Amino acid sequence: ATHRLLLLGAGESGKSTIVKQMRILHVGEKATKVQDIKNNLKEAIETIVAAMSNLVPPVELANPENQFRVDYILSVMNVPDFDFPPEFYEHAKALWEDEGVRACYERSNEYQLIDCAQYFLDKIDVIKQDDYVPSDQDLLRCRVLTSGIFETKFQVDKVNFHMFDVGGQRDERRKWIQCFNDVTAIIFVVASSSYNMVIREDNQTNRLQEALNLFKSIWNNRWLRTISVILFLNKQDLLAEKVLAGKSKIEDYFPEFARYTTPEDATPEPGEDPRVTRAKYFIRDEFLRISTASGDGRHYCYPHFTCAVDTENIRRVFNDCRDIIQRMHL
Amino acid sequence: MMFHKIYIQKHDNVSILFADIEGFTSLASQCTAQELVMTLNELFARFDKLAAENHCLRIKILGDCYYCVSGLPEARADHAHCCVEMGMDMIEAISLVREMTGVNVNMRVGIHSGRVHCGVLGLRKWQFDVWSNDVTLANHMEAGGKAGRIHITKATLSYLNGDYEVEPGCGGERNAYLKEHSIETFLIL
Amino acid sequence: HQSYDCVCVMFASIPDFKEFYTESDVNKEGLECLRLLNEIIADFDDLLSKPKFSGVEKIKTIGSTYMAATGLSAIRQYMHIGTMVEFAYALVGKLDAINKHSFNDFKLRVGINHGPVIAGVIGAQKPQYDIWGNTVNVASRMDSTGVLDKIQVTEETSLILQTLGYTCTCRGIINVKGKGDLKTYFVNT
Ligand SMILES: CNc1ccccc1C(=O)O[C@H]1[C@@H](O)[C@H](n2cnc3c(=O)[nH]c(N)nc32)O[C@@H]1COP(=O)(O)OP(=O)(O)OP(=O)(O)O
Ligand SMILES: Nc1nc2c(ncn2[C@@H]2O[C@H](COP(=O)(O)OP(=O)(O)OP(O)(O)=S)[C@@H](O)[C@H]2O)c(=O)[nH]1
Ligand SMILES: C=C[C@@]1(C)CC(=O)[C@]2(O)[C@@]3(C)[C@@H](O)CCC(C)(C)[C@@H]3[C@H](O)[C@H](OC(C)=O)[C@@]2(C)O1
Ligand SMILES: [Cl-]
Ligand SMILES: [Mg+2]
Ligand SMILES: [Mg+2]
Ligand SMILES: [Mg+2]
């Protein structure tokens with residue numbers, strides 16, 4: 001019995017990343033994706049340095065000397081085919097070392113910056129090697145935008161799945177419909193940590209709010225009134241840090257959070273700060289109100305607190321899904 | 001249940017033909033509004049006959065644009081010659097009536113061979129039609145053809161098994177679409 | 001087949017569709033696309049069964065272009081002309097309704113006109129109903145050159161609409177092959 005799962009969600013929600021786990025989990029080409037990793041590393045650093053001066057208030061380096069390295073990273077910013085000369089990794093690391101550069105990093109929400117930022121930047125020493133071979137984690141972390149639809153076909157216990165990845169961006173959403181007809185279920189992805197950020201499309205719409213109106217649009221769709229949604233609340237890790245860090249309070253982006261009190265059926269993971277528990281379930285219920293409004297029991301919504309980069313968490317949740325697909329006879 | 005049931009179906013290996021009363025308005029400016037409608041109906045009446053003979057299938061009539069296709073309803077591996085023949089008939093046919101019309105007219109045929117998607121759309125006033133990029137190319141072929149000649153694709157030629165004398169259609173220079181997609185075109189002799 | 005003296009013909013096309021159409025293995029070779037279009041064409045027909053449009057006749061569908069006509073149910077006298085505009089809006093309301101659920105931005109383009117036509121059938125094989133008349137040729141040309149989300153009306157059509165509570169704007173001159181150059185207008189909203 002073959003299925004067709006369509007992953008939907010806004011941009012950088014983590015769709016592409018989940019399909020990766022499916023290959024990691026149920027399916028030497030790396031030599032090609034090394035490039036993409038160095039490009040991330042480059043965009044990451046040049047984005048941070050670029051925001052340094054534009055932010056309000058501006059961010060000044062702790063090293064006046066590093067001002068020359070700043071000029072470098074910029075002079076090469078727009079550069080077509082970068083050779084990644086051995087110097088790059090030096091000035092780059094030097095800047096990542098700079099306290100002001102990081103100061104600016106802790107405000108990366110005030111500008112568009114990829115997620116693998118800190119991850120990759122913390123390993124310039126490794127990526128620069130000519131013998132550098134990406135680990136499985138460096139692929140789950142690599143970031144490439146998706147344009148169009150691509151179908152991954154894997155198998156589990158002699159059961160077929162046909163994974164569908166589409167562009168989370170807006171101009172991409174128009175291609176979604178081409179997969180709407182005859183689909184087992186929908187895997188809706190949400191950037192649970194991106195509550196204090198805005199989308200790349202217009203730099204104003206809250207990434208989370210966008211993910212909400214998008215979910216509302218799918219749930220209340222005239223062609224998905226019976227198709228069940230498996231809500232994947234992703235980036236829990238990035239979320240928890242933000243919650244504990246406490247630099248940007250949630251009830252300042254979503255005021256309704258102030259009046260929110262942690263659930264009853266709440267099953268917090270082993271050793272989990274109540275503050276986090278409270279936060280993550282907030283975000284989940286926010287989505288549940290959308291799915292509770294309509295639907296009329298013709299289709300249901302099964303949330304999950306997932307972490308696409310963790311092949312361990314994805315292996316787990318993908319099973320709680322495979323169960324639903326069988327248990328519900330979908 | 002979710003989407004309306006669609007009455008379509010993919011059909012590979014088929015030849016598509018389009019025709020046009022070249023300079024229709026050039027004659028539409030001398031014949032009574034009715035004489036044109038009779039002439040037009042006269043013409044296609046004969047066409048449809050020719051059509052059923054040559055194993056073709058009239059799909060729809062759009063003013064001076066007539067287009068059928070072979071390979072349907074039941075898949076005939078001979079879908080190549082059928083349209084070529086059809087094109088042949090439509091050529092002489094229009095010439096016979098070109099007399100009764102008492103005016104200068106000629107057909108511009110275009111033929112391409114590929115796969116389609118046929119059926120009906122919406123839910124009211126149904127009319128059998130066809131859809132595919134191949135269907136578009138065939139139309140554009142007709143558009144970029146020559147009076148009295150039958151324009152075809154290299155795809156349509158690979159189905160004629162060297163049974164027809166052809167020459168360079170150079171459609172790339174007559175129609176933009178052919179140019180854009182660099183489509184080798186030829187003309188039956 | 002008879003001929004009328006005042007029939008209101010309308011053309012509503014979706015220019016943005018030819019591009020939307022894709023033939024990839026993902027979309028079953030352009031099936032899923034035609035599926036969406038089928039929804040659209042169907043959503044449009046669900047208007048013909050409404051009381052206020054009980055006088056509209058869906059003549060056919062050319063590509064992604066809807067062809068209707070009002071005033072064929074006869075032997076103000078020009079009120080069926082305003083209903084064709086009431087219908088044009090109708091299609092829009094529905095074309096953008098679809099955009100909500102498809103994450104698209106399809107825009108409709110209209111070309112309305114009115115005058116003498118020649119209703120009737122054509123084709124020996126499977127006779128199909130269609131109206132002719134120069135009036136139809138201009139209506140189509142009033143669309144191919146129209147502007148998205150704008151209805152294009154001719155002078156007299158412009159006039160009749162004003163005497164019906166409509167405000168208009170002059171698009172400028174436009175070349176209608178066969179009739180030369182003609183001054184057109186955009187209906188205001
Ligand atoms: C004075 N004109 C007429 C008098 C009585 C009946 C029809 C006409 C008339 O102007 O017919 C035109 C369209 O209404 C009419 N037509 C087009 N599509 C349709 C269609 O879908 N339905 C109907 N009924 N008529 C259509 O056919 C004609 C062809 O015009 P095209 O713009 O299609 O140019 P062309 O096909 O390349 O010929 P051309 O002059 O280079 O050579
Ligand atoms: N830290 C962390 N990073 C994650 C997590 N899930 C995804 N990412 C990172 O987020 C970035 C964007 O992920 P991606 O899967 O490309 O989004 P997408 O939905 O596929 O977006 P698109 O490709 O349609 S525009 C990647 O760099 C990936 O490594 C998570 O749970 N934690
Ligand atoms: C509907 C989609 C699409 C892309 C598919 C297609 O093969 C067509 O329907 C044909 C070629 C095809 O159906 C044969 C008839 C006709 C009238 C020639 C159509 C139009 O040119 C369509 O374009 C327009 C302008 O609607 C076109 C090109 O549009
Ligand atoms: Cl998101
Ligand atoms: Mg993606
Ligand atoms: Mg012609
Ligand atoms: Mg024509």
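All chains are named by letter (A, B, ...) in the order of the sequence lines, taking the proteins before the strands, and each is independently numbered beginning at 1. This entry, so its header tells us, was determined using X-ray crystallography, 2.9 Å. In each ligand, atom 1 is the first atom listed, and ligand 1 is the first ligand listed.
The drug seen at ligand 3 is recorded under the name forskolin. Ranked by contacts, the top partner of forskolin (the one with most) is named in UniProt as Adenylate cyclase type 5.
In this entry, the other chains with a heavy atom less than 4.0 Å from forskolin are B, C. Recorded in the deposit, the name of chain C is Adenylate cyclase, type II.
Per the deposited entry, no covalent link of forskolin reaches a chain.
Residues of chain B near forskolin cluster mainly in UniProt domain Guanylate cyclase 1. For forskolin, the residues with any heavy atom closer than 4.0 Å are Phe18(B), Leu62(B), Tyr67(B), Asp129(B), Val130(B), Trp131(B), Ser132(B), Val135(B), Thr136(B), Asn139(B), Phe17(C), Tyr21(C), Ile62(C), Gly63(C), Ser64(C).
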